[PDB]
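Summary heading: complex between avibactam (bound form) and Beta-lactamase.
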Amino acid sequence: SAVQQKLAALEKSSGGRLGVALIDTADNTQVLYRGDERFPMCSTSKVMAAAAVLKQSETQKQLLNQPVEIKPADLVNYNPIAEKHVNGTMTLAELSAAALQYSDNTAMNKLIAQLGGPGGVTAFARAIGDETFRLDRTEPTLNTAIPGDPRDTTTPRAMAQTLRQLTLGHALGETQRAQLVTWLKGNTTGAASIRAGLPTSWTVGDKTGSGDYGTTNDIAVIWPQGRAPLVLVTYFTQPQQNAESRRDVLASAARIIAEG
Ligand SMILES: *C(=O)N1C[C@H](NOS(=O)(=O)O)CC[C@H]1C(N)=O
């Protein structure tokens, strides 16, 4: 279609590989670009880990208040919030918010441990019908984003469907579905990605990711005005391992998708 033609031209001008999945929750239509190809998730995978802990909290009703120790051996490559609480503790709610709103990797590793390793995160995806998501490693080696490597990858089509079930659907419980929505709405890392390509009036919750090979990702649930919400996944990766981030590609892909 016409939007397919604009995303392809955007991909060609970028010199990279672009994967886009849009779900319009009015007629359940889908616009896809390389929607069945695998992309390195990087820290967009933190939504699955946080949602998995939220699913646990449905049965363990005070799980999110459990304190977790932050130790110097726990710090990894990017620890904005966890660095402020070394030799102290953070609750699982605080670690989830830090993981999704500041992309703290030490917090991610705490969520993975709560679920019993990366295989516990993958388990949750399978439990909600995501047959594609796979988490094989912890922070930070899950961000190697090597071409052809299926580790820690997913397809745009599967993440869009999963992100819909987690936020708009009821893959989670009522209080949990609302908590994840509030967390995504208060992200601080995404002003230059999907948000930058959408109208100011649109309310958006998102989770960004980045890694080697210039990988630049963002997944977002979008609430327009008087309109049925949309779900958009934008994944991008490049041929050079040392390639720089291209958040502008994500902004332009969201601009094209949102009629423009
Ligand atoms: C996620 O991909 N990452 C965590 C952190 N912030 O990136 S994000 O705001 O696009 O999610 C640093 C880069 C990256 C990583 N190396 O883990």
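Throughout, residue positions are numbered sequentially from 1 according to the sequence presented. Order of appearance sets the numbers: ligands from 1, and atoms from 1 within every ligand. The analysis underlying the following values was restricted to heavy atoms, covering all of them including side chains, and did not include hydrogens, waters or symmetry mates.
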Provide, to 0.1 Å, the distance between atom 1 (C) of avibactam (bound form, ligand 1) and the closest protein heavy atom, together with that atom's residue and name.
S43 OG, 1.4 Å
I'm curious, any covalent attachment for avibactam (bound form, ligand 1) in this structure? Which residue and atom?
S43 OG
Atom 10 (O) of avibactam (bound form, ligand 1): which protein heavy atom is closest, and how many Å away?
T208 OG1, 2.9 Å
Per-atom contacts, avibactam (bound form, ligand 1) versus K207 - under 4.0 Å to a heavy atom
11 (O)
Element-labelled atoms of avibactam (bound form, ligand 1) that are located less than 4.0 Å from some non-hydrogen atom of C42
2 (O)
Heavy-atom nearest neighbour in the protein, as seen from atom 16 (N) of avibactam (bound form, ligand 1), with distance rounded to 0.1 Å:
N77 ND2, 3.6 Å
Should you measure from each heavy atom of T189, which atoms of avibactam (bound form, ligand 1) turn up under 4.0 Å away?
9 (O)
Look up the source organism of chain A in the entry and report it.
Klebsiella pneumoniae
Can you list the avibactam (bound form, ligand 1) atoms lying under 4.0 Å from a non-hydrogen atom of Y78?
5 (C), 12 (C)
Using a 4.0 Å heavy-atom threshold (strictly under), name the region of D218 that reaches avibactam (bound form, ligand 1): side chain, backbone, both or neither.
neither
For avibactam (bound form, ligand 1), which atoms, with element, lie under 4.0 Å from some heavy atom of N105?
4 (C), 15 (C), 17 (O)
Are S210 and avibactam (bound form, ligand 1) in contact, using a heavy-atom cut-off of under 4.0 Å?
yes
What makes up the binding site of avibactam (bound form, ligand 1) if contacts are defined by heavy atoms under 4.0 Å?
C42, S43, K46, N77, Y78, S103, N105, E139, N143, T189, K207, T208, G209, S210
